> 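This structure shows Taxol in complex with Tubulin beta chain.
Convention: sequence-line order gives letters A, B, ...; per-chain numbering from 1. Quick note: numbers below take in every heavy atom, side chains included, and nothing from hydrogens, waters or symmetry partners. As the structure lists them, so they are numbered: ligands from 1, and atoms in each ligand from 1. Heads up, header says this was done by electron microscopy, 3.6 Å.
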Amino acid sequence: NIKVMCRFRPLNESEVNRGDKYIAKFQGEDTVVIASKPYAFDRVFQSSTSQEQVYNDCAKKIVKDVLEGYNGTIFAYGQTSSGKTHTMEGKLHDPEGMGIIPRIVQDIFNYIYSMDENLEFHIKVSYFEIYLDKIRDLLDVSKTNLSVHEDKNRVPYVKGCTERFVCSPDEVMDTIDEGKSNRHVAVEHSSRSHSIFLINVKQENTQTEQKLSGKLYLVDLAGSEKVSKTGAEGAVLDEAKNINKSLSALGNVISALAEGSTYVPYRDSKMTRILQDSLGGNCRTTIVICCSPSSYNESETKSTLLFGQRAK
Amino acid sequence: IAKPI
Amino acid sequence: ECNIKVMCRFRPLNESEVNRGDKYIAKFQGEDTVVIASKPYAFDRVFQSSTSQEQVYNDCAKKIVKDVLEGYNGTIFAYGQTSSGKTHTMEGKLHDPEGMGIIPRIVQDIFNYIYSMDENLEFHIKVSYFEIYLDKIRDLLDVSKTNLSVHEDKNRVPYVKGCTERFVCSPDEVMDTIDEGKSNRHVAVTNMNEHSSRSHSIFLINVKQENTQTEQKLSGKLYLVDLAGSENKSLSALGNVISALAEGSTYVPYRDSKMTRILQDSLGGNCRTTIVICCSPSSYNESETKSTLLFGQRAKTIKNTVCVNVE
Amino acid sequence: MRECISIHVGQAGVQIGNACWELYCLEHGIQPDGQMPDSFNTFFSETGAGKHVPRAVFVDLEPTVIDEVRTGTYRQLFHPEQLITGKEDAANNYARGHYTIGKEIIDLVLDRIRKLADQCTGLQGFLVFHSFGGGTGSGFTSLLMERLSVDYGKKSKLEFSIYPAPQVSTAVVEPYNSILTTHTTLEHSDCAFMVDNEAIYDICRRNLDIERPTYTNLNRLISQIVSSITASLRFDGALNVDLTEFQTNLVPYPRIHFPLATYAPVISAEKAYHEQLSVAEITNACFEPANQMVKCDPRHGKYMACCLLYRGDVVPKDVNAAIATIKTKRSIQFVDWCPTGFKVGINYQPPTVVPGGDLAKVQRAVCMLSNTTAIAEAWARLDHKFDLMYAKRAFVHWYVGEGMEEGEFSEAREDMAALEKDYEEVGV
Amino acid sequence: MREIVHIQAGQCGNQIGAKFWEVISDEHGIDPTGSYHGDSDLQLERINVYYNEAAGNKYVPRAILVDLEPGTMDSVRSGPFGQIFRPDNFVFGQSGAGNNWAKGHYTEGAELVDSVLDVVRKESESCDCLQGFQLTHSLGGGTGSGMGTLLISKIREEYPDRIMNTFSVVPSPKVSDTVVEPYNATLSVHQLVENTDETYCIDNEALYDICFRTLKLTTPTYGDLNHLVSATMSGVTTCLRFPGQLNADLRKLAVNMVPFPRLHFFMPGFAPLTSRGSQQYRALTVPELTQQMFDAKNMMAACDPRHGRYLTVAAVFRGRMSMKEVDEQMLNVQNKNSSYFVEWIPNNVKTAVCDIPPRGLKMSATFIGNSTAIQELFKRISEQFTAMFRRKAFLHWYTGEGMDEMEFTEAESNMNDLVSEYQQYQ
Ligand SMILES: CC(=O)O[C@H]1C(=O)[C@@]2(C)[C@H]([C@H](OC(=O)c3ccccc3)[C@]3(O)C[C@H](OC(=O)[C@H](O)[C@@H](NC(=O)c4ccccc4)c4ccccc4)C(C)=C1C3(C)C)[C@]1(OC(C)=O)CO[C@@H]1C[C@@H]2O
Ligand SMILES: Nc1nc2c(ncn2[C@@H]2O[C@H](COP(=O)(O)OP(=O)(O)OP(=O)(O)O)[C@@H](O)[C@H]2O)c(=O)[nH]1
Ligand SMILES: Nc1nc2c(ncn2[C@@H]2O[C@H](COP(=O)(O)OP(=O)(O)O)[C@@H](O)[C@H]2O)c(=O)[nH]1
Ligand SMILES: Nc1ncnc2c1ncn2[C@@H]1O[C@H](COP(=O)(O)OP(=O)(O)O)[C@@H](O)[C@H]1O
Ligand SMILES: Nc1ncnc2c1ncn2[C@@H]1O[C@H](COP(=O)(O)OP(=O)(O)O)[C@@H](O)[C@H]1O
Ligand SMILES: [Mg+2]
Ligand SMILES: [Mg+2]
C-alpha cells in the first residue's frame with residue numbers, strides 16, 4: 001500500500017537572527033496544521049527525531065522485502081534547504097550521522113554476511129537521470145538518448161544502461177559519488193533533473209535450484225517551481241515546464257493507484273513508465289517529503305504539503 | 001566477466 | 001575416448017651432475033623418439049634442453065584451453081625429481097614474459113580469449129590454491145582451515161571441502177592471489193626448498209560460461225598440480241596404481257592417499273588427461289630418468305572417457 | 001481636468017471598445033477622421049491642428065481583430081502606436097496569457113500607458129474591458145492589473161467583464177480561467193461590473209422584439225451603460241456625481257464591491273409610441289427580475305445600496321415620488337442597517353441614438369447600479385462546474401505545461417469560497 | 001505570421017494534397033501559373049499562411065513532396081495544378097516501397113530522410129513565426145506509414161513545441177487492397193499515438209457510404225473522396241486566414257479538445273451535403289446544419305457514434321449567422337442527447353465562427369469529434385493482427401530488413417493500452 005511520510009527540521013542559526021517563527025502546529029503524531037488548515041498524513045516527524053527512527057519506520061520493511069523476491073520503491077521530494085540531502089545522505093561515515101541510503105546498503109550487506117555458504121547472491125547497480133524528457137546515463141557520458149522497451153512478460157526496462165558489479169559498500173558509495181558528479185545542478189546547488197538508482201539483488205539456491213530476483217528503486221524528485229514569481233528565461237523556463245509536467249503526471253499515477261481505479265495512466269511520462277513493475281499491486285512504495293517550518297519558506301512548504309497530500 | 005559475492 | 005598425452009621436456013644439467021662427471025647420453029632420434037641407456041623411448045612430443053617455455057606452451061596447452069572453453073575438464077600434470085624442471089616449467093619467472101611458465105601463459109591466453117569473444121555470454125571465474133604435505137591438507141587462503149576432509153558428491157567424484165573460494169576478474173588479481181599463496185606458504189613452514197621437494201602444490205581454476213538468451217550451461221574444471229621429488233606413501237600409491245593400470249589388473253587403489261582420489265578425475269575420470277614429465281639426460285640421474293620414462297610410457301597405455309559438464 | 005484611460009484587452013474587450021468609441025464619437029459630434037466642423041477633454045486630447053486622438057490602448061496577442069481595426073472605418077483616428085499586437089494568441093490558456101507569452105509586450109503597453117498618463121493633468125481612473133474565460137482576458141489582465149497597482153496604486157480602477165453563463169457557453173475550459181481571474185480581481189480592482197450573454201439575449205428577445213441577436217447588440221448595450229456612467233463627468237446637471245462619490249456611496253465594506261448593472265428603457269421603434277415612458281414607469285421597470293443583466297433573481301436576496309443615474313429631462317419631484325413608491329413595496333427587501341439606500345443623479349444630456357441601431361430615441365433613460373446578495377448564485381454554479389471538472393483533473397496538463405503549479409487552482413477555489421462566505425455572512 | 005509547413009508522403013497523401021492545394025488556390029484566387037487574380041483584399045491579407053512570395057507577383061506553395069517511386073511525382077507534375085510547386089522540393093528515390101513498413105522505415109527510408117529534413121529545414125527557417133506541421137499519408141501503405149512516421153519523429157525531435165497534425169487514411173474492415181495491411185496499421189499507430197499533437201481518422205468505407213447515400217452518386221472514383229478530405233482539411237484551419245467573431249487557432253482546438261495526452265484521435269465531418277436536383281428543396285439554416293452534422297451517417301469514420309459517448313466536440317461555422325442561434329442549438333443538442341455525452345464535462349461542444357463562407361455557398365461547417373466509439377476500429381485492427389501473428393505469416397519480409405518480433409509485441413501492447421484508455425470512460 002501507499003505510505004506518505006513528512007519530515008520537519010529545526011531552524012538553523014543562519015535564520016534565527018532574522019527572527020522567523022514556527023508556523024507548523026502538531027496534533028498527535030499524524031497531523032500538521034498550517035494557517036488553521038489541517039493536513040492528514042500517514043506519519044509526521046519533528047525536529048527532535050533522529051535518523052534511526054525515520055529509517056526504521058520508513059525503509060526497513062521495503063529493505064526486507066527486496067531480499068525476499070519482492071520489490072519496492074522510495075522517492076524523495078522537497079525544495080532547496082528543506083532536508084533532502086540530510087535525510088538521504090548526511091554524513092557518509094558517522095554511525096549516527098548517516099541518512100537512509102547508507103543504512104539501506106549496510107543492511108543489504110549484513111544480511112548477505114550471515115547466510116552460510118550454500119547460497120549465492122548477485123548485486124547490480126545502475127544510475128540514470130531524466131533531463132528534458134530524455135534519459136541520460138550518469139555512469140557513461142557517451143550514452144545520451146537511451147530508450148525504454150518491454151521484455152516478453154511486459155515488465156519494462158531501459159536498454160543500453162550501464163550495469164556494473166559491486167562487492168563492498170565502499171564501492172557503492174564511490175559509484176554513488178561519481179554518478180552524482182554528472183547530474184545537472186544550477187547555481188546554491190539547485191537540482192534541475194530527476195535521478196533514479198537501482199539496486200538489483202537476486203538469489204540462486206544452489207541446492208534447490210530456485211531463483212528469486214528482487215529490485216529496489218531510489219528516486220530523487222526535483223522541485224516544482226512557480227515560474228511567475230521567479231522570472232526564469234530561456235533554458236530555465238524549459239526545465240521548469242518539464243519538471244512541473246512530470247510531477248503532475250506522477251501525482252496522477254499515484255492517485256489512480258491509491259483510489260483503486262480500473263485504469264492507471266502508467267504511460268503518461270517516462271518516470272512512471274520505467275517504474276511500472278515496482279509501483280503497484282503487491283509492491284510497497286514509500287514517499288518522504290521534507291519541509292521547513294520557517295515563515296520565510298511558507299509557500300514552498302505549502303506546495304510540498306499539497307503534493308504529498310495528493311497521493312492520499 | 002561477473003563478480004559474484 | 002580422449003587420449004592421454006605424455007610429454008617429455010628435458011632440462012640442462014645442474015652442478016651436482018657435472019661434479020659426478022655426467023655425459024650427455026640422451027640423444028633425440030627425432031622430436032618424439034629419444035635414446036637413453038642405448039634404448040629408445042618414444043613419446044608424443046619430446047622437448048629439448050634448449051626448448052623454451054613458449055614452445056612447450058604452443059605445442060601443448062592450446063587444446064586443453066580450448067576444451068575447458070568448450071566445457072570439458074582439463075588436466076596438466078608435472079612430474080620429476082627435485083631439480084628436474086617442474087616448478088620452473090610451472091611458473092619460472094612470472095614477471096618475465098619469456099620465463100613465465102604454464103600458469104601465467106594460461107592466464108594470459110584465457111584473458112585474451114575472453115577479451116576477444118565477449119559475446120552474449122557470462123563467465124564466472126574462481127580459483128583455489130591447495131597443498132599436500134606429508135598427507136596434510138592445508139589451504140593457504142585461510143591458515144586456520146587445516147585437517148580438512150575430502151567429500152563425495154552425487155556423481156561420486158572426489159572434491160575438497162573447506163578450501164576458500166576467490167573470484168577473479170583481471171590477471172593482476174591472479175598474480176596477487178599467487179603472491180598471497182606463496183607468502184602464506186612462507187608462514188608456518190621452515191624451509192621452502194625441502195617443503196617443495198617433499199610436498200605437493202595444487203592450483204585449481206573453475207569456469208562457468210552461460211549464454212544470456214539461450215541460457216545454456218557450460219562448466220569446466222582445470223587442474224594444475226606439481227608433486228614432490230621422485231628420489232613414500234604417496235609415491236608408493238602412485239607407482240602401484242600406474243603399474244596396475246599399465247597392466248590393467250584389479251583396480252586403482254584410490255583410498256591409499258588423498259592425492260589418489262583427487263587425481264581420479266585427472267586420471268581415468270571425467271577429465272581430459274595430459275601430463276608433462278620433466279626428465280634429465282644425466283647419468284647421475286639415469287636411475288630417476290629411467291623411472292620417469294617407464295612411468296610415462298606405462299601411463300601412455302591408458303585412455304580415458306570424458307563427458308561434457310552440461311546441466 | 002477630469003480624464004480617464006481606456007484599455008481594451010482581448011477580442012471581447014476590443015469589440016466592446018469599438019462600439020464604445022463609435023458611441024462617444026457620435027455623442028461629441030466628431031467625424032471618424034478626427035476633425036470636428038469643452039466637455040470632450042475627458043476622452044480625447046487636442047493636437048493643435050484640429051485632429052483629436054482618443055485616450056485608449058488596444059492590446060491583443062493575436063493579430064486578427066486589431067488588423068480589422070487598422071484597416072476598418074476608424075483607421076485615421078487612433079494613434080498607430082496605441083494598437084499593440086503580439087504573435088500567437090493565448091490559446092485559452094491562463095498561463096500563456098499570464099507569463100509564457102505575456103512577457104514580450106507588457107513593457108510596451110506599460111510605456112504607452114505612462115506616455116498617456118504624463119499627458120493628462122487630473123487623472124480620474126481606469127476603464128479596463130476584458131472577458132472571463134478566455135486565456136488573454138483572464139491571464140493578461142492579471143499581469144497588467146498587478147503592474148498598474150504597483151505603479152499607480154491610489155487611482156481608482158473599474159472593469160467590465162463578460163461572465164460565463166449558466167447553460168450557454170462557448171469554451172470547454174472556461175471555469176478554470178474564470179476561477180483564476182476572479183481570484184485575481186479582488187486584490188487590485190475597486191468596482192468590477194459583470195455581465196453575461198444569456199440575460200442580454202433575453203432582453204433582446206422580449207423588449208427589442210429581435211429573435212436573432214449577435215454580438216454587436218450586446219456591445220451597444222454595454223457601451224450605453226458605460227456612457228451613462230461617464231455622462232456626469234462629461235456634461236453638467238443638478239445632482240452630479242463622479243467616480244469617488246460613486247465608490248463611497250456604493251461600496252460599504254472593502255470586499256463587497258461587485259455590483260450588477262441595468263439599463264432602462266430599452267425599447268424598439270414600433271413600441272416607442274403607445275407608452276408613456278414616465279419617470280415612475282422607468283424606475284419601477286428597472287427593479288424587475290427580468291431586466292437584470294446577470295442571471296440571478298434579486299428576489300432571492302436583499303439590496304444594500306442602489307445608485308440611480310438619471311439622464312435627460314428629469315425633475316427631482318418625480319424621482320422622490322418614484323423612490324417612495326419603491327420603498328413602500330414588499331417584494332424587494334433592504335438590509336436593516338442601511339436606512340438610506342438610494343443615490344440620485346440627474347443630467348441634462350439625453351441619450352444619443354446610433355444610426356442603424358435597435359435602440360429608440362427616447363427623452364430620458366436611467367442606469368441603476370446595485371449590489372445585492374443575489375450575485376452569489378452565479379459564483380456557486382461556476383464553483384460547482386470547476387469542482388466537477390477538477391475532480392478528475394481534466395485539461396490540467398496544458399496549464400501545468402506552461403510553468404504553473406497545481407496549488408493555484410486550490411488556492412483560487414479557497415479564495416472564491418471565502419468570498420461567498422463573506423458575502424452571505426454580511427447579508428444577514 | 002503563423003505559417004504552416006506541409007508534407008506529402010505516399011501515393012494517397014500526394015493525391016489528397018494535390019486536391020487540397022487546388023482547392024486552397026481556388027479559395028484564395030490564384031491562377032495555376034502562380035499569378036493572383038482574386039477579387040477581394042481579404043484573400044491577399046493572409047496569403048503567407050500557405051504561400052511564399054516571388055518576383056513579379058508570383059506565389060509558390062510551402063509544400064514538400066516525398067515518395068520512393070518516380071511515378072506519382074511525374075503524375076502530379078503533369079496535372080492541372082502541378083506547375084505551381086517548387087521544383088527543388090521534389091525529393092524522391094528509385095526503389096519501390098514494396099508495401100513494407102520495415103523497408104520504408106529502416107532501409108530505403110534512412111537513405112532519403114536526410115534530404116527531406118534538409119529541405120524542410122530550409123523551408124522552416126524562412127518563416128516569421130512557425131505554427132505547426134501538416135502531413136498527409138495513409139496508414140495501410142508501405143512508404144506512406146513508414147516515411148511519415150520517420151519524418152514525424154525527426155521533426156518532433158527538432159521542433160519540440162509545435163503543433164503536429166496529420167490527416168491519415170485508416171484501413172477498413174470490408175474494403176481492403178493489401179494482405180499485410182494490419183501490420184502496417186499497428187506499426188504506424190504505435191508511433192502516431194506518441195509523437196502527434198492531433199490526428200484525424202478517415203476511412204474509405206465511410207466516404208463510399210457518404211457518396212452512395214447522401215450525394216446519390218453513380219460511380220464514385222478517388223477524386224470525390226480526395227475532394228471531401230480536401231474540403232474538411234480546408235475547413236479545419238479557416239480562422240488563421242480570415243476574420244470572424246470568434247477565432248480559434250490550432251492550439252486553441254488542441255487545448256479545448258484534448259483532455260488527456262493520449263486521446264487525440266478525431267473523426268472529421270462536413271456540411272451541407274446534397275445531391276444535384278435536390279438543393280432547390282432544402283432550407284439552409286443553422287438548425288439544419290446542426291442536425292446534419294450530428295448524424296451518425298455523416299462522419300468520415302466507420303465507427304458508430306451511438307456505441308459510445310463524445311468527449312469533446314468542436315464545430316467551426318463559416319458565414320453570416322446569429323450567435324444566439326448557434327448557442328441554443330449547441331445546448332439543445334446536448335440536452336436532447338444527454339446519454340450520448342460524457343456526464344462530468346459540462347459544455348462538451350466548442351463554437352468557432354468565421355464570416356468568410358466558401359465560394360458558391362452561404363453557410364458551411366466542419367465537425368471535429370472525439371468519441372469513445374473509435375475503440376472498435378482499433379479492436380478490429382488488433383484482432384486481425386492477432387489472427388495473422390500467431391502463425392507469423394508474411395513475417396520473413398519484415399525480419400529481412402532489420403526488425404524484430406518484440407517491435408510487433410510492443411505495438412500490440414500499446415494499441416491495447418489505448419483501447420483500454422478509451423473504454424474506461426464509457
Ligand atoms: C449551384 C451550387 O450551389 O452548386 C453547389 C452544389 O450543388 C453542392 C451540391 C456541392 C458540389 O460539390 C460536389 O458535388 C462535390 C464533388 C466532389 C467532392 C465533394 C463535393 C459542387 O460541385 C461544389 C461547390 O463547392 C464550392 O464551390 C466550394 O467553394 C468548395 N469548392 C470545391 O470543392 C472546389 C471544386 C472545384 C474546384 C475548386 C474548388 C469548397 C469547399 C470547402 C473548402 C473549399 C472549397 C458548390 C457549392 C456546388 C457545386 C459546384 C455543384 C457540394 O460540395 C461542396 C464542396 O460544396 C456537394 O454537397 C455540397 C452542397 C452544394 O450545394
Ligand atoms: N460581448 C462580446 N463577447 C465576446 C466577443 N467575443 C468573444 N466574447 C466572449 O468572450 C469569451 C471568449 O474569450 P475571447 O475574448 O474571445 O478570448 P481572448 O480574450 O481573445 O483570448 P484568446 O483568444 O484565447 O487569446 C466567450 O465567453 C465569448 O462569448 C464579442 O465580440 N463581444
Ligand atoms: N482517397 C484516396 N485513397 C487512395 C488513393 N490511392 C490509394 N489510396 C488508398 O491508400 C491505401 C493504399 O496505400 P498506398 O498509398 O497506395 O501505398 P503507398 O503508395 O506505398 O503509400 C489503400 O487503402 C487505398 O484505398 C487515392 O488516390 N485517393
Ligand atoms: N533533520 C535535521 N536535523 C538537523 N539538521 C538538519 C536536518 N535536516 C537538515 N539539516 C541541516 O540543514 C543543512 C543543509 O540542508 P541540506 O540537506 O543541504 O538541504 P539542501 O540539500 O536542499 O541544500 C545541513 O547542514 C544540516 O545540518
Ligand atoms: N629448463 C630449464 N632451464 C634453465 N634452468 C632450469 C630449467 N629447468 C629447471 N631449471 C632450474 O633448476 C633449478 C631447479 O628446478 P625446479 O623447477 O625448481 O625443480 P623441481 O621443481 O623439479 O624440484 C631451478 O633454478 C630451475 O630454474
Ligand atoms: Mg619444486
Ligand atoms: Mg483572441
> Which components of the model should be assigned to Taxol?
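It corresponds to ligand 1.
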> Judged by heavy atoms, which other chains are less than 4.0 Å from Taxol?
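Within the heavy-atom cut-off of 4.0 Å: E.
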> Hey, quick one: what organism does the entry say chain E comes from?
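Going by the PDB entry, Sus scrofa.
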